[PDB]
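The next block holds one structure in the form of C-alpha cells; read it before the comments.
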4 protein chains.
Amino acid sequence: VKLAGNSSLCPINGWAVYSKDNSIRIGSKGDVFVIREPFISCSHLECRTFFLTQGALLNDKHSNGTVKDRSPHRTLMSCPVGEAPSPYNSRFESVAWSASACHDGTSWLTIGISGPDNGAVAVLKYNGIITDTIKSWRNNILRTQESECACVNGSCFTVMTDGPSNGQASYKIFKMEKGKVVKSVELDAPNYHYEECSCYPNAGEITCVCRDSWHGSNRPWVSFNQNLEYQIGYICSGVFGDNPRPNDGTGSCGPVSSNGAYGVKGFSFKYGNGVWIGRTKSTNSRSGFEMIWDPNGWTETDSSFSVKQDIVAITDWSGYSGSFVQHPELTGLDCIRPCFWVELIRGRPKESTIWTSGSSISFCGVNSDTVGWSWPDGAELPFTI
Amino acid sequence: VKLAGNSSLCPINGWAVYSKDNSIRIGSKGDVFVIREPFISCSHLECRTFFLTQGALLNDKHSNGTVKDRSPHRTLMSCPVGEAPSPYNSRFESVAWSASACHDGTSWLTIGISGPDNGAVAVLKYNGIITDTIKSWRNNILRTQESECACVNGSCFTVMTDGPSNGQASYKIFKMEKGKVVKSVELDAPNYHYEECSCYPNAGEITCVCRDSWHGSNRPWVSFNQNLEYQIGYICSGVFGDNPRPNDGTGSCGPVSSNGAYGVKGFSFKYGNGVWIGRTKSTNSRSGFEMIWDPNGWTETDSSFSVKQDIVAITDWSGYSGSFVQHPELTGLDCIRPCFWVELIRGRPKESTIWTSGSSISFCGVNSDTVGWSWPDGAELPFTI
Amino acid sequence: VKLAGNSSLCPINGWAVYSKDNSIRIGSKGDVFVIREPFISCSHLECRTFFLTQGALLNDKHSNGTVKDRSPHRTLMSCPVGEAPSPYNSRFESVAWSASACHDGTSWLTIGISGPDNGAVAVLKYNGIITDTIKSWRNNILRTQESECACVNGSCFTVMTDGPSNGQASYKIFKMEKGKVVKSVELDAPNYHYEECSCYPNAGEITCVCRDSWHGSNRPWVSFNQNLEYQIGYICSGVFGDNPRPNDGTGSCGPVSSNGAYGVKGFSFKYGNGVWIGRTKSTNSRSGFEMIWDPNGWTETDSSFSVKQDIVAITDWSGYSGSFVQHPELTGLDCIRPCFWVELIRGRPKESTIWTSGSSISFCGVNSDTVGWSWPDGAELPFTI
Amino acid sequence: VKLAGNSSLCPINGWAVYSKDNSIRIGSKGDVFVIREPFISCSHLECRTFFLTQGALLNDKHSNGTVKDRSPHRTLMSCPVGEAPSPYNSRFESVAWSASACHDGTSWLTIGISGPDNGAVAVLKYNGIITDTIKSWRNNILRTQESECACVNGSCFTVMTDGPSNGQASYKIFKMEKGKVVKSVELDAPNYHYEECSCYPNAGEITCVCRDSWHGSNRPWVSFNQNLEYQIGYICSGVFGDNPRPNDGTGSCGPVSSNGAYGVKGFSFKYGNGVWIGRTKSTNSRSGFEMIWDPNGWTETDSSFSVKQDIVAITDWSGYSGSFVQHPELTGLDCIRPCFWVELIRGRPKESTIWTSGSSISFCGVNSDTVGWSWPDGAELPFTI
Ligand SMILES: CCC(CC)O[C@@H]1C=C(C(=O)O)C[C@H](N)[C@H]1NC(C)=O
Ligand SMILES: CCC(CC)O[C@@H]1C=C(C(=O)O)C[C@H](N)[C@H]1NC(C)=O
Ligand SMILES: CCC(CC)O[C@@H]1C=C(C(=O)O)C[C@H](N)[C@H]1NC(C)=O
Ligand SMILES: CCC(CC)O[C@@H]1C=C(C(=O)O)C[C@H](N)[C@H]1NC(C)=O
C-alpha cells in the first residue's frame, strides 16, 4: 500500500545519532567502493544508503583522479544504512553520475543520469525495470538531487537543473507515478538558482531546500502542491546556511550574493516560520557541521537563533548533507519524522591523495534528549595510495 | 505461472543504459572471478548475469593463461545484474565451458557443457537439479549460445553446434520442457554456418541471429515455430554485422565471404523488414560498439540506415554482445522488451597480460529519448600480475 | 507474539559447546572487524552475535591503539552466531561504545551509548528506528550491560551505571516496551557497586549478576519484579567469581574487598540456593575459564563446590563472559535454557601488538552429558601489524 | 512435511557432473577456509556443502600444520553447493572435528563432535538449537560419518565408532527424531570394522557402505530397518573398493586383509546384487577416481564388471568420497536419486606445503547419457605459504 504523505513533520527537540559507516577507515584494508554523493532513503520496511561509486575501490590504482565527478564508470548503488559500501553487500541500481531515489510504499524509484555533458539522460527505474527517460533540455549537464525524492499518495517528486552552475539556469519539478513522468513544470525563477535539492513531504505537499551555486549564501527553496503549483523564495535568516558564506549578520529574502558563489548541498526543515538549519561550522571550507534552530528564521532576518547542536567539529572535514524522512507506515508514528545525513569527504582537493571519497553519518528527529559531539570521518591519510 | 511468449516486440526509438558492473576495475583489488562469455537473462521477478568463470580470481596466479577457452575448472555461475562476479555473491549453476540459461516463468533452466572436445556433454538443470543430458553427436566441441535461451508457453528453445568452426558443421534446435528435451531438429543448411546464437521470443515464435565463423561477414539467422518448423537466411543489409567484416557496401542474402572468416558473437532485432543491428565500430578488431537501425535492412541490400547510436568508442575494447528480453509478466508492459548486453574483453591476445577477462554493460529498449556515449571497461592494464 | 518469560530455568548437568567464531585467526587475512564486548542474544527464530566494532579491520593501520575503549567510531553491529564479524556479513545497529540488545518476541531492541564522557546518551531502537533516549544523569560515563537485556511478557529490562567505576556510583534499572522506557528505578545500594550486568528472565522475574569494580571479589546481584521492585546482595560462595580475586576461602554475603578492585564482566545462574559460576581460571589475570557448580553457594560461605567443567585452559587468554538465554518459543522446551559466551581477548595490554580485539565461544545448558576441554582463541601474535 | 523415504533408488546409466567449487584455486587469493571432510546434503528445497574448517584461511600463517585432524578450532560450517567455502558465505553449524548432517523435510539436523580424544561428545542440533548429546562410550576418539545421515518417515539415522581405528572397535547405529536420539544399537560385528559410513535411504531402509581401516581392502556394509534391526557383510566383488588395496582379483564376503590396513572414506550403491562402486584409480595412494558398475558384484567374487566411467585422472589427487541423495520431495521424481561427491585433497602429506585442504566435485545419477573425463582440483602448489 502506498505511503500517504498527509501527515505533518514530527515536533522535535534535537538530533539523535542514527548511523555511522566508517567506510573510509574500513576501506584502508577492506574492499570498499570509492564513492561520493551518498544519501539515505527509507521504505515502509527498510532504510538504505544510496551512493555514486567511482567503479573502483579505495586504496587501489583505479581510484586515481576520483576527484573528477562525471565518468562512464560512475554507478548508483545501494546498501543497508551504516554498512560500508562494498561490492559484496551493495545492490546495483543504475549507471549514473547524478542520482535520486525514493520508495512510494510499493517499490523503489531510482533516477540515474549518465551520458555526455551536452546531452545527459536520466533513466528512471521502478522496481529495477526502466519505466521512463528524461533527456537534457539545455545541453548543459542535466543533474538532480543527490538525495531522496519525496513521495505523497503514490506520486513521487524530484527537481532537476540543466544549464550553468555559474549563472541563470533552468529548473524543473517532475511528478512521477510508477516511475513514469506524468507532469512537469519549469520554475519561473529569474535571479534564483536551484541545485541539489533536499525535498521532503509535509502535510501532502513537498518542500525543497537547495543550493545556490551562483550568487546565494543563503539557501533557495521551492514548495509545491501535488499539482506542481509552486512557491519560491530564499531562507531569510541571517544565520546563513550555505558554504562558503559570510559571517552571520543581517540576511535576506533573496539571494545574498556576498560569498554565495560556490555552495554545497544542504538541507533545512521548516516549522511554521522557524527553521532547523544544517550547515558547516566553517565559513570558508567544508569543515565541521552543526544543527541550528532559528524560530522566526524562515521569514525573518534575525541573525539570532535559539538552539545549536554540534554534529562535527570545525577541525574535521564534512561535505554534503541532505534530508531524509521516515513515514508513519514504517514508524508507527502519527507524523513524518525528519532525519538528515552528512557526507564526510576525504582526499582531494583538501588533502594530498590521488583520490576522493566520502563516509557518512546520519541523525534522526526525536522529542527526547540528545547531545552534541563530533562524529568525524576518522580515517588517517594519506593511504598506501 | 508460465511466461506466455505470445506478445510482440515493443516499439522502441533508442537504447537506455541499464547496467555496468566495472568488474575488472573492481577486481584490481577485490575478489572478482576472471570470466568471459557473460550474458543477462530475466525471470518474472529478477534479472541475473550468467558467466563462465575460469575457476580463478583476477590478479592472482591462477588467472595465468585464461585465454585458453576450455578446461575442467570452467564453471557457469550467476549473480544479480550490475554486480561484480565474486565468490561471495555468485550462485553456482553448472560445470561448463559453454552455456545457456533461461527462466520459463516457473524456474531456471541452465545448460552447461563440459567434458573432452571429442565427447562433450550438455547437462540441463531445472531449478538446479539435473533433468536431462545431451552428448556431442559429431565429436567436435559440442557448444551452445553463450546467451539466454528463449521461452514461450512453457517451452524453452536453444541452438547447439557440433563440428568445425572452420567449415560446414552440424546445427540443432532443441525444444525443452521442465529441462527435458522433448523434440530436436537438425538444420538442413548447407553453406550456412551457425554459432553462438542470440535467440528471443516474438509473437509465439523464436528468432535467432547468430555468428558465421566460417565465411560470413553478415549474420545468419533461424526463426522457428513451437514445433521446430524453421526458416533460415542471412541478414541482407550492406551494414555488415560481424567482426571482422568489409567496409559497408552492397550486402547479400547469403554468406558474404569477404572477411567473414572469424566472427564474434552478436545479435540483432527484427522489426518487419528492418533490423536493429549491434556491432563493433572497428572492421578488423573487437573495438567500439554501436546500435544501428536499417529499416528495410533485414531483406534489402541497401548499405544505408536511418539511425546510429554510439555505445562504446572505437578507441576502447569490446567483445561479445547478445540479446536478452524482458517479458510482460516482469514488466507490466503489453509487449516483449528487447535489451542487449556487451562483453568488454580485457587482456590477451590484444594486451600484455597473462590473463583474459570481461566486464559487461547492458541497455534496454525504450520508447523515450536516449543518447549515445562511450561506456568502456575502464580498467588500466597491465595488473600487478 | 511476545516472549512469555513465565517459565523457569531448565535443569542442567553441564555445558555443551555451541559456537566458536575464530574471528582473530580468520582476521589475519580476511576482512574482520576489530571488536570487543561481544555478546549473544536470541529471538524466537534466530541467534545473533552483537559486538562493538572499532570502526576498523584486523591487521590494518586503523586498528592502532584499539585498547582505547571509547571513541566516535565505535559502532554496535551484529551477525549470525559463530561467523567472523565482517563488513560483508554484519548488520549495523547503532553508534555506540557501550551497548545492550534483546528480542521481545516481536522485534529487536538495541541500546547504543555514544557521546562525550560527561554527557553520553543511550539511543534505544526498536526494529531499527529510534524509539527513545536516555542521557547521562551523573555526567560520568553512562554505560550499560555489554550483554543481552531480558524480556518478559512484552517488557524488556536493562541496567545502567553512571559515576566512578572507582567508588560509589549510581545504578538504575530500566523497564521498556517497544523500545520506550515506561519506568525506571535507582537502586538504593550504598556500599554496593554494579557494572556490566548479565541479566536473564526466570519465572517472570529478572536476575542480574554483575561486576563490582570498586571493592568486590565476589559478584553483586539484583533481581526484580516486572514492577521494578528489587532485591540486592552479593554471591556468598567462597568460590570467588570475579577477576582479580583471592584464592578460594571463606566468602561473604557482601563485598569482599580483598583483591576486588578491578574486576571483569561475568555471569552466574541461580538455582535455589546453588549457583552455576563462570569464572577465569587465573586469580590475577583474564586467563582460562571454567564452570563451577556450588549448590548451597548463592547463600552460603562454603568454599566448596560439587562440579567443575573446564572451558579454557589457564594457559590461554580469556576475558568477559555473559549469560544469554533461549526461550521456549524458539526452543520448543517447557523451560528457559541458560547459555553463556566467553570473550577471548587478544592484543594489548597483555601482548605486544598495536591493537586489541576478541574472539568468542559459547555453550548451552543441556541435561545430557558433556566434557571439559580448552577452546582458546587460537591466533598467533603479533600480526603483520 | 517430512521426507518419505519409501521410494526406491532411481535406475541410472552413468554420472552427470553436478558441481565443482574450485575452492583451493580461488583460495590462492580469495578468503577461503582451509577445510577437509566436505560433504553434500539436500533438503526438500536446497543442496548445501558441509565441511570441517580449520578455523583458518588458505595462504595464511594460521593454516600451518593443518594436516593435524583434531583441534578446538575445527568447526562444521556449510554453504550452497559449488561455492568456495568462505567466512562471507558460510553458515556456522557446530564446533566439530568430525560431523554429519541431514534434513528430514522440516529442518536440518547437524551432528558435531568436539572435545578430548578420551571423552569426545557429539552435539546434535535441530534447526540450530541443541537437542541432544552423545558422549564417547569407549574413550577413544568418538567419530562419525563425515557425510550425510539418512532420513526416512521423519526419523534420521547415523553411525558412530569409538575405539581403535587399528583393530576391533565399537560401532553404533543411532535413530533420532527432531535431533533427539530415540534408539541406538551396538553392532555385534566381531572381525568387522566400520568407519566413516556413507548411508542412504532406499525403500524405507538405510544402507551404509563404510571404511575398514583395520584389515579390509573391500568395503564393509550395514543395512537396517527403522527399528534398528540390522544386517552386516562386506562387498564381495573382486573389484576392490578401498585404498590402499590389492590389484583386482578374487574378492571375499569378509574382510580382505591384503592391503586393507589404512583405507579411505568411500561409498557404494546397491542395486539388487550389483554395485555402483566409486574408488580411487590408484592402488597405493589417493589418486584418480572412477565409477564402476559390477552387476552380480555385491554378492559375487567376479573381479569382472560391466561399465567404468572416469571421474578424475590417475595423475591427479583425490581423497574421500561419499554418497548423497536427492529425494522426490525436492526432485519431483518417483524415486530417490543417487549422487556422490569427491574430496580433492591438496597439500600434506603428499605435497611440500605447510597446510592441507580440499576441493570438491559432485555428480548425479541420471538415466540419460554421460561421459568420463578428469575434473581435478587444479590448484598449483606450493602457495605463497
Ligand atoms: C555541474 C555543477 C554541479 C553543481 C554546482 O556540480 C556538482 C558539485 C559538486 C561539489 O561541489 O562537491 C560535486 C557534484 N558531483 C557536482 N555535480 C555533477 C553532476 O557533477
Ligand atoms: C570452438 C569454436 C567456438 C566458436 C567459433 O569458439 C568460441 C570463440 C570464442 C571467441 O571468439 O571469442 C570464445 C568461445 N569461448 C569459444 N567457444 C568455445 C566452446 O570454446
Ligand atoms: C568505565 C568503567 C567500565 C566498567 C569498569 O570500564 C569498562 C572496562 C573494560 C575492561 O575492563 O575490559 C572495557 C570496557 N569497554 C569499559 N567500558 C567503557 C564504557 O569504557
Ligand atoms: C581417528 C581414526 C580416523 C579413521 C581411521 O581417522 C580419520 C582418518 C583420516 C584420513 O585417513 O584421511 C582423517 C580424518 N579426519 C580422521 N578422522 C578423525 C576424527 O580424526
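Residue numbering restarts at 1 for every chain, and letters A, B, ... go by the order of the sequence lines. How was it done? The header gives X-ray crystallography, 2.5 Å. Each ligand, and each atom within it, is numbered from 1 in the order the structure gives.
- At ligand 3, the PDB records name the drug as oseltamivir carboxylate.
- Lab note: most contacts to oseltamivir carboxylate (ligand 3) come from the chain UniProt lists as Neuraminidase.
- Lab note - other chains with heavy atoms under 4.0 Å from oseltamivir carboxylate (ligand 3): C.
- Taking the UniProt Ca(2+)-binding residues of chain C and keeping those with a non-hydrogen atom under 4.0 Å from oseltamivir carboxylate (ligand 3) leaves C/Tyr262.
- Per UniProt, the substrate-binding residues of chain C include some within 4.0 Å of oseltamivir carboxylate (ligand 3) by heavy atom, namely C/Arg36, C/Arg70, C/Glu195, C/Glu196, C/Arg211, C/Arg286.
- Of all the heavy atoms of C/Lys265, none lies under 4.0 Å from any atom of oseltamivir carboxylate (ligand 3), so neither backbone nor side chain is involved.
- Looking at C/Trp97, C/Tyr262, C/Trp214, it is C/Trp97 that brings a heavy atom closest to atom 19 (C) of oseltamivir carboxylate (ligand 3).
- With atom 20 (O) of oseltamivir carboxylate (ligand 3) as the reference point, the heavy atom nearest to it among C/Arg36, C/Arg74, C/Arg70 is part of C/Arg70.
- Taking atom 10 (C) of oseltamivir carboxylate (ligand 3) as the reference point, the nearest protein heavy-atom neighbour is C/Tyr320 OH, 3.1 Å.
- Counting only heavy atoms of the protein, atom 15 (N) of oseltamivir carboxylate (ligand 3) lies nearest to C/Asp69 OD1, 2.7 Å.
- Counting only heavy atoms of the protein, atom 11 (O) of oseltamivir carboxylate (ligand 3) lies nearest to C/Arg286 NH2, 2.8 Å.
- Applying a cut-off of 4.0 Å to heavy atoms, one finds the binding site of oseltamivir carboxylate (ligand 3) to be C/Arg36, C/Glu37, C/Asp69, C/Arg70, C/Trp97, C/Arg143, C/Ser165, C/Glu195, C/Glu196, C/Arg211, C/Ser213, C/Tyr262, C/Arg286, C/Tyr320.
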